[PDB]
Novice: 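Got a structure for you, questions after.
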Amino acid sequence: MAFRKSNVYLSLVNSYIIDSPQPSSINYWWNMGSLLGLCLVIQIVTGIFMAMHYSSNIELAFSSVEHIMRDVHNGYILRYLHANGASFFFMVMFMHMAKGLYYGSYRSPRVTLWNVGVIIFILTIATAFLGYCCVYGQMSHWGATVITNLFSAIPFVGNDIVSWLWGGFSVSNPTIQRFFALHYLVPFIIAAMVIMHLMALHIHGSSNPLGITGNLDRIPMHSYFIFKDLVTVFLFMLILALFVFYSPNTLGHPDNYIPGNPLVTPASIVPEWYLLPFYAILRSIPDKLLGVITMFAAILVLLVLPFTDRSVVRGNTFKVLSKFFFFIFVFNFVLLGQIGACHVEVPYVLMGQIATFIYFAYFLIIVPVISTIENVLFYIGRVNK
Amino acid sequence: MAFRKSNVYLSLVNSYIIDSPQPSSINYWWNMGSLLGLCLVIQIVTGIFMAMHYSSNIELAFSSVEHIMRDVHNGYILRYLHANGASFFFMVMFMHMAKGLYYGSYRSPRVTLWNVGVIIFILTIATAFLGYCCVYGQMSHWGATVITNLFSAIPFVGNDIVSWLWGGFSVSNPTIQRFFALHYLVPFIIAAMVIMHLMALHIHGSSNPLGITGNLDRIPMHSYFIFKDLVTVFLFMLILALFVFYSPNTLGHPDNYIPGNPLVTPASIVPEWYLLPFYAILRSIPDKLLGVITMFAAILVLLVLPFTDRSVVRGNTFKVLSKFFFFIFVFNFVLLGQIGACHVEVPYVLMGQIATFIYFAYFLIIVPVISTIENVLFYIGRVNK
Amino acid sequence: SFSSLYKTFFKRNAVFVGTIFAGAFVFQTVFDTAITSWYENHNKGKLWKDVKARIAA
Amino acid sequence: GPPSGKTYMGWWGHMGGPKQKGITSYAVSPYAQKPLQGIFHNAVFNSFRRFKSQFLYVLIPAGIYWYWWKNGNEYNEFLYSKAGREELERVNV
Amino acid sequence: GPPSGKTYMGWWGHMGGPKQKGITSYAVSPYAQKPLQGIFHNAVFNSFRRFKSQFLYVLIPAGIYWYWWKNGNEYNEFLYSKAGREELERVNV
Amino acid sequence: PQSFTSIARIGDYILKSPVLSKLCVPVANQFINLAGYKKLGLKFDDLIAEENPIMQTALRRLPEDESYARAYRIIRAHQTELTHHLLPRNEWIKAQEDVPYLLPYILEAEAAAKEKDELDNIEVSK
Amino acid sequence: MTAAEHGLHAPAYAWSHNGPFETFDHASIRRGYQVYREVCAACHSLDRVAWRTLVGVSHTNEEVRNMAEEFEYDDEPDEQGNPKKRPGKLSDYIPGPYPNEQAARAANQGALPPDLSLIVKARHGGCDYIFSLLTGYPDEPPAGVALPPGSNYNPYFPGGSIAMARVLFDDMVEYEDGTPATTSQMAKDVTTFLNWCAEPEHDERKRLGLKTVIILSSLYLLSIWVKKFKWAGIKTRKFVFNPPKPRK
Ligand code: HEM
Ligand code: HEM
Ligand code: HEM
Ligand code: HEM
Ligand code: HEM
Ligand SMILES: COc1c(O)c(C)c(C/C=C(\C)CC/C=C(\C)CC/C=C(\C)CC/C=C(\C)CC/C=C(\C)CCC=C(C)C)c(O)c1OC
Ligand SMILES: COc1c(O)c(C)c(C/C=C(\C)CC/C=C(\C)CC/C=C(\C)CC/C=C(\C)CC/C=C(\C)CCC=C(C)C)c(O)c1OC
Ligand SMILES: CCCCCCCCCCCO[C@@H]1O[C@H](CO)[C@@H](O[C@H]2O[C@H](CO)[C@@H](O)[C@H](O)[C@H]2O)[C@H](O)[C@H]1O
Ligand SMILES: O=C1C(O)=C([C@H]2CC[C@H](c3ccc(Cl)cc3)CC2)C(=O)c2ccccc21
Ligand SMILES: O=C1C(O)=C([C@H]2CC[C@H](c3ccc(Cl)cc3)CC2)C(=O)c2ccccc21
């Protein structure tokens, strides 16, 4: 046999990147996990290189990032890349999760594959949040107050958890310092997890924009997709270059160049964009405990998707009624996001409420309904009697 | 089949920890890698938990560790465990590397297995050094000066490398801050590497205190060795408990409770014990460039060991002439260490020099010689003509 | 790109890893040459150099 | 290597699929073709077909959503204007 | 699963070894024995045999090394004493 | 995993009622057109997801030359799909072709399974 | 939200630097510093900007050495253990008007004048909103708007009630170069100077940005080409079906 196959190390390399048998028919949507791994690497490199000049003490914190900006050589490039990149991470990840809904990847044998990505997505929100709390601007100190406070929602012990988790009376110094340390830790957990995610992916191989079996027309990832993936890569960097050098804050909130202040919340509380649709869902609920629950449920519900999909085929591709609502879902989700940016004013609150309903109803109601109907259209739409 | 075998995740778990076929005959020496993985986990847990209260700014640095000592709840337990543990890590690792020499583990098909551990050993020295530079006591600031300065030994560019690597005129602030960040990074690299190390181990399986083939009398790691390994584990913790609560500094240098001072080197420069034998070898050479080279060579030379072992059997076990020098080697190595503690006084320098010779001569000279002889004793010591 | 003008240098083989790196090395100076020029010109009058010119103290 | 759990994929020569007979494939070296295989000309008559075949499934839902957006948007600007403060004091409490 | 590279280990039922015939093993349940199988008594006549069989291979080298240690140690205390400062001014420069 | 045995129940009923049948089937016909799939040489029984035991009882059972047929279509599908095109209009599967060639076995097997399920938990009254 | 609580949307003035290819107007920056020095320094810290950082941008080495030493920073104690001052160095950060948060408020009816170093990013609209709040102090607080004691009206601030009184009144600064020291020219500059202050990297940042894109674009198009080549066999790949005699 060849060496790359024989070696203990290069055999993995080969079997996941060179000799892997992919469906012949998969399109640029599938380039997302590739581009996902690329962000995680951009996050970790630029992060470490920045940490070398960062101080996580509540005083020096806000300034030290300005330090990285004003002083460290290419340091501004370090920051704008870390930050803009986190966003592109989140876009690309949504598009990756989109693709999985639309073509019904979440669907057996790929459940575990799917489920793990739900864990990753959770860890990426956890990660990026902490990285935000580390700037220690305004949005940071108050972001960090609310997330710490989601835990009060926990019966009885809830306040104490928060106190613990704070290391004192308020989001104070023992807080930003642990938020820095936990920001270091976690990305390795994502990477740990990306590995099991890629292991699940591996034992079943990728699906296709046809939701039929691949096993009749496979081709090897090298050199097609290696080269295919290289196209999305450069394109990815281009738009990222565009933001990073020309629009470095066309994606951030100006309230964050203001040093955090524990006595005075601002009056424009727009949180991060990739977070907005959840902010919306959270607000939509006039009850504290329930509101929290429903925010978390907005992500968990993603785990029922392989049961509620009642269909007999994987893929909206040959699915008109499925396509249609699938884009109501996408578009709801964006609206939900617009709702997050606007004030708790009218009719916005009530619009927010309706989208939220539409949201969970799509997994829990529309989908199993539609898909069951769609089975029956597929029967009577041909056969004799 | 059973589930633990079938699952994508539990199958690894099973095949490396439950169902693994071990030689029936292996003894408590083999419990070292197990106990090795345990330290790495003790290092990483206690480290992170401590980092939450650490500041890597050259001012707050020395104090913040005192902070962890005087203030953080169980914080002293956090420190004494991190520090004493690093030592036990190094002992256990030497004993693990010992075992590999004595029974001639380094020996085909296990070369890569062996080689990788040489990389790990390198990364563990790199790691623990940085963790020391992070206390910022006296031994820290001067340790960090010399290691940074080993790079000047590099022709031409050498000074600049050092300047870079310093981020300024001296081991200053941009230094302790990068030394903290690199201290975070690297242990994950060891763990990364421990995985390839365990992969090599896996495809050939462990050897035996008999240096013959295992494949005739295997038994499964669960539940024998899992339970066997549990004995060395507790024992390990016991001695570690002993140091940690009763002898917390019976292993550290008092010069390090003194805040680092860039103008004044102390006059008792004893470096860490697990490091001493190299300090010795370094000093033994009255030339700068050569001295550096020879220090590094003291570790690299470990890679020839599978070529210079000329024997026809793996193992000093049935090897009298081999055993003998093997313990000269061990005992030299300890002496070399004693030499590191004493001043560059007489006859110590000349003793140092002789040990150093004995050291490399053992790999390069004694071993291939002895082993070739020992082949010939094995022939004529029986046969007729 | 014309089949004559290419094949001259490289006959019927690609570029070679080292020739690449060589070009890279050259390109990198030739580029940062051009682009830094076109930009200092495009912003003529505006540069502190152009303003250092008139202004006296 | 212990037993592995059965799936629905194998590697080449045991990929997993059904036992092919009858099909006959043909291809031609990537060297042996026009650089720019088929660009512009009739390759773009599809950049409007790959569009047509789907656009409705996006536009229709985008529409529903963008008009609903504009509506309450307008409606909000109103009740927070002079001309609106009336309805406000009512709708809002 | 692609081809794997041959080694000198396999898993159970294909462990790798030669084809056993003739041996016959016997054992008895860990329940079915004296708690404290064989402790003290004659199990310690070996804690002096497992010692004897080897000690020389450690002691002899430890010896060589510990006496060499003590020697120059003594020798150093001397040349840095009063009685020694003489030899020092000579050996040392 | 909505069951075929279950789609049978519902879709047979609707097919029988001259009331329902006249209402539904126009749409259903309109549906199995808008799907696009007969334009990639695909019969509908091709589309059915296979990664489950029943379909693998149902393909092991499917007559030889029938599987060679499936195959060619499934490859023709992928091939075309990747060319980002639709087949030559006259290569499309025609409305009379889209026949439930597989569905007996799927049903044959579903039946068989539900039976065994039952016969594994069959209780007893004394 | 009432258009009064929001503040009026500042308009899209056409700044020297707006655009992908536009360095700051350093001459303009030079003016803003004077407009900074003479006017707003009275109240406003600019703490994250260092004297040296001016050199080569708005001034020349001595020009900034001069400014620098006009102030006495703290300096390491003599041999006895007693304080001392010293002039500044280029190594220093331009000192705030006040000795702490309190005296800043004491001197302003209890208002805390924002450090300006980061202002052009710590506000929406930024350059525009800075210009507009400075050239948008209208004469009287609109019919009905009742203004508190020691507070002014601005449409561009939220809810108009700004604790900063107007400060640009034509010519109060003697424009050293000799430009119309107006208020819309006194202002347009301190804005362009304050822009710099929050984004010093600026001109390089678009410079490098230029390179990044030109190279990266080319790679994109280059990558594409390459792809169709390696795919060319699969794309133009063509199958045929011939059913086979029933015997197996
Ligand atoms: C660190 C973040 C992620 C990485 C590095 C990653 C990586 C990948 C890669 C490389 C692939 C193969 C290429 C592709 O099919 O796109 C893939 C596919 C897939 N991913 Fe992820 N992914 C990530 C996030 C997620 C998330 C957040 C989910 C679900 C919540 C998910 C679920 C899936 C599924 C079900 C597939 C199979 C898609 C198919 O059949 O084509 N992944 N992922
Ligand atoms: C999944 C990977 C990561 C994500 C999603 C993430 C997310 C973020 C975000 C959103 C910020 C605030 C950025 C800003 O607005 O300025 C941030 C800051 C920061 N991150 Fe990360 N981060 C990741 C990995 C890392 C790693 C591995 C390090 C290693 C040290 C790191 C170090 C830092 C530092 C020092 C800051 C403060 C400076 C700055 O804000 O730019 N990050 N992170
Ligand atoms: C992070 C540090 C290390 C870990 C976690 C580790 C782990 C292990 C484990 C679990 C084993 C199986 C149990 C045993 O045989 O002891 C093993 C054996 C082995 N190790 Fe390591 N080890 C480490 C360091 C090293 C180093 C530093 C070397 C060489 C320089 C090395 C080379 C070997 C070899 C050749 C074997 C096979 C021993 C045999 O045949 O029994 N290891 N190691
Ligand atoms: C291979 C793993 C590690 C080794 C060998 C190691 C080694 C060391 C050593 C020798 C010290 C100085 C201890 C002292 O004398 O006080 C130290 C300190 C420190 N280490 Fe680690 N370290 C490791 C992993 C980690 C990790 C994962 C972290 C995570 C944050 C960490 C955080 C720290 C901190 C904050 C200090 C300063 C406080 C202290 O000195 O006890 N270490 N390390
Ligand atoms: C070029 C000249 C000046 C500029 C550009 C300027 C700019 C600003 C800005 C941007 C704010 C922030 C308010 C906001 O946007 O939320 C502010 C507030 C303030 N300024 Fe000025 N300023 C200047 C001169 C002065 C002077 C000369 C004084 C007093 C002698 C002064 C005293 C104050 C005070 C007390 C506040 C607090 C207002 C509040 O809290 O709303 N400023 N200024
Ligand atoms: C089934 O179908 C597939 C498919 O399987 C694959 C694999 C790909 C290709 C996709 C990939 C290869 C994605 C892989 C993703 C990863 C490998 C992400 C993993 C990344 C990490 C684990 C990050 C770890 C990073 C580090 C340790 C770097 C940190 C080192 C540093 C910072 C050193 C610098 C420090 C100093 C002091 C210099 C496809 O396109 C595809 O579609 C057809
Ligand atoms: C062939 O023969 C063998 C053999 O193969 C094995 C495996 C063993 C048994 C040995 C082992 C099982 C050793 C395995 C070693 C490891 C698994 C080490 C790997 C450790 C890591 C990779 C560390 C990674 C750790 C983390 C990610 C933990 C960090 C998490 C934290 C800190 C969370 C806490 C933070 C907060 C905020 C709560 C033998 O004894 C043996 O001999 C017969
Ligand atoms: C991650 C960072 C990456 C940094 C940038 C990487 C740059 C990669 C440059 C590698 C150039 O590597 C180059 O590849 C070409 C194929 O195009 C090789 O060419 C080889 O195969 C070609 C066919 O394709 C033959 O014409 C030729 O006879 C043969 O040498 C050549 O041996 C090597 O010189
Ligand atoms: O009040 C909030 C708030 O509620 C969030 C939200 C955003 C979404 C967060 C979120 C947490 C966990 C998950 Cl799984 C999803 C979203 C929850 C906090 C913020 O991000 C925020 C930022 C700055 C100031 C205030 C706030
Ligand atoms: O002068 C030294 C010195 O030379 C070392 C030595 C110890 C061994 C180090 C070492 C580095 C790399 C390797 Cl692979 C092995 C050992 C090199 C520095 C120290 O650890 C030290 C500590 C405190 C003060 C001074 C000193």
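Residue numbers begin at 1 in each chain, while the letters A, B, ... track the order of the sequences. Worth knowing before you read on, the calculation uses all heavy atoms, side chains too, and leaves out hydrogens, waters and symmetry mates. Looking at the header, which is where the method is noted, we find X-ray crystallography, 3.0 Å. Only a slice of the deposited entry appears, and the contacts counted are all within that slice. Counting starts at 1 for both ligands and their atoms, following the listed order.
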Novice: What is the recorded name of the drug molecule at ligand 9?
Specialist: atovaquone
Novice: Which partner chain accounts for the most atom contacts with atovaquone (ligand 9), named as in UniProt?
Specialist: Cytochrome b
Novice: What are the letters of the other chains having a heavy atom under 4.0 Å from atovaquone (ligand 9)?
Specialist: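 Within the heavy-atom cut-off of 4.0 Å: A.
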Novice: Got a sec? Which transmembrane segments of chain A (UniProt, counted from the N terminus) put a heavy atom under 4.0 Å from atovaquone (ligand 9)?
Specialist: 3, 6
Novice: Mind checking which other ligands or ions are less than 4.0 Å from atovaquone (ligand 9)?
Specialist: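 Under 4.0 Å: none.
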Novice: Tell me the organism the entry assigns to chain A.
Specialist: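 According to the deposit, it's Saccharomyces cerevisiae (strain ATCC 204508 / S288c).
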Novice: I need the residues around atovaquone (ligand 9) for a figure - heavy-atom cut-off 4.0 Å, please.
Specialist: A:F129, A:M139, A:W142, A:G143, A:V146, A:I147, A:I269, A:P271, A:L275, A:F278, A:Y279, A:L282, A:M295, A:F296, A:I299
